[PDB]
Amino acid sequence: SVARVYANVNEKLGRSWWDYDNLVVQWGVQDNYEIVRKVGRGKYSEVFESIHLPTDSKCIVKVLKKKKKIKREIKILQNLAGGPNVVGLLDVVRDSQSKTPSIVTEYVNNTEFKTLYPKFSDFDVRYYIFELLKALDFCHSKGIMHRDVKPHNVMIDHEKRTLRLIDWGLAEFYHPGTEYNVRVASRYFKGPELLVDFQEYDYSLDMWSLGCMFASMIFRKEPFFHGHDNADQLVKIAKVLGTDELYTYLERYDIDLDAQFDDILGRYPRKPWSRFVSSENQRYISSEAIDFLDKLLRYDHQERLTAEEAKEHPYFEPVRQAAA
Ligand SMILES: O=C(O)c1ccc2c(c1)nc(Nc1cccc(Cl)c1)c1ccncc12
């Protein structure tokens, strides 16, 4: 398997674009930042609201815990500089003694998605998904997969109507035929390729994750596919897409399933998208939304829309018009 778009981007841009092992960071002055308030903690980071003291301006300091992965995240954030709806890198600093690095990013006025998403209109969903598609089409066009696309990593200032894709700590460069680690993404947003241990994945992983997110929004069910473990996650997906399309996909990519799917995985017919429509979510539902969702949520990553193809979908016509 090789990506159907942007496969040769890292080839064309060469070693100085993707070789993060040999990154030399020009560290900023740590005493130029003051930390004010912790805003959050991750598996990999603490995040604090802070001040850039020379300018007295609001910013974020992300303190990070292998060295390899710090360099990857920094090199990606430098390469993505200037890109639409990508979180802006302000600096990289570290402790004088301990050498613990921190990434300094722009501050965003987020509304938590459990609160924000239900307040959305149909146009709002169309608009923010379109804004997210600009960020993903940008990073894919630069040889980079995000690999952790989920609502926590999409920051929305609903007053400014502005969007930022954050947390590039799982992101990687795409190299044709590379076998990538499948333990990426949070469980609810993992593509089938991660769940059957198909390692030769590409940018199209982000598009499955986008699909899950989009299903949450239009069907008002967070998360859409609610599995308990990685095994059950594939069962929840199979109970919607069906097992017929699953077996053709496995056959097509020569994937053999783990032995202990045979007890838990039954034969399920395809549930139509229409069966998820209710009184409460009908506000979001149109024939264009379902068709768009259908073209993102495919077993076969090579059948999913590209971010670019997705921007031309009729679903986004109210948004292209409103921008003229
Ligand atoms: O990782 C980044 O690149 C990254 C970049 C920017 C923010 C962030 C993470 N996390 C934020 N908040 C947050 C909220 C809950 C949990 C956690 Cl760990 C963090 C946040 C807030 C305000 N503006 C920018 C950010």
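All residue numbers given for chain A refer to the PDB entry; the residues shown span 6-70, 73-331 in order. Atoms within each ligand, like the ligands themselves, are counted from 1 in listed order. When reading the values below, keep in mind they use all heavy atoms of this one structure, side chains included, and skip hydrogens, waters and symmetry mates.
Taking the chain with most contacts, the partner of ligand 1 here is, per the PDB entry, Casein kinase II subunit alpha.
Choosing among ampicillin, silmitasertib, ifenprodil, desidustat for ligand 1 gives silmitasertib. The source organism of chain A, per the PDB record, is Cryptococcus neoformans var. grubii Bt85.
In terms of protein heavy-atom proximity, atom 11 (C) of silmitasertib (ligand 1) is nearest to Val52 CG1, 3.9 Å.
Closest to atom 3 (O) of silmitasertib (ligand 1) among all protein heavy atoms lies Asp174 N, 3.0 Å. Nearest to atom 17 (C) of silmitasertib (ligand 1) among the protein's heavy atoms is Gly45 CA, 3.5 Å. Given atom 23 (N) of silmitasertib (ligand 1), the protein heavy atom at minimum distance is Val115 N, 3.0 Å. Nearest to atom 7 (C) of silmitasertib (ligand 1) by heavy-atom distance, out of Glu113, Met162, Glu80, is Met162.
Close to silmitasertib (ligand 1): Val44, with a non-hydrogen atom less than 4.0 angstrom away. Using a 4.0 Å cut-off between heavy atoms, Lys67 contacts silmitasertib (ligand 1) through its side chain alone, with no backbone atom that close. The shortest contact between atom 9 (C) of silmitasertib (ligand 1) and any protein heavy atom is with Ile173 CD1, 3.5 Å. Short contacts between silmitasertib (ligand 1) and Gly47, defined as distances under 4.0 Å to a heavy atom of the residue, involve ligand atoms 18 (Cl). The binding-site residues for silmitasertib (ligand 1) (non-hydrogen atoms, 4.0 Å) are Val44, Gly45, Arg46, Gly47, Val52, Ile65, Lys67, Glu113, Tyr114, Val115, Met162, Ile173, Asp174.
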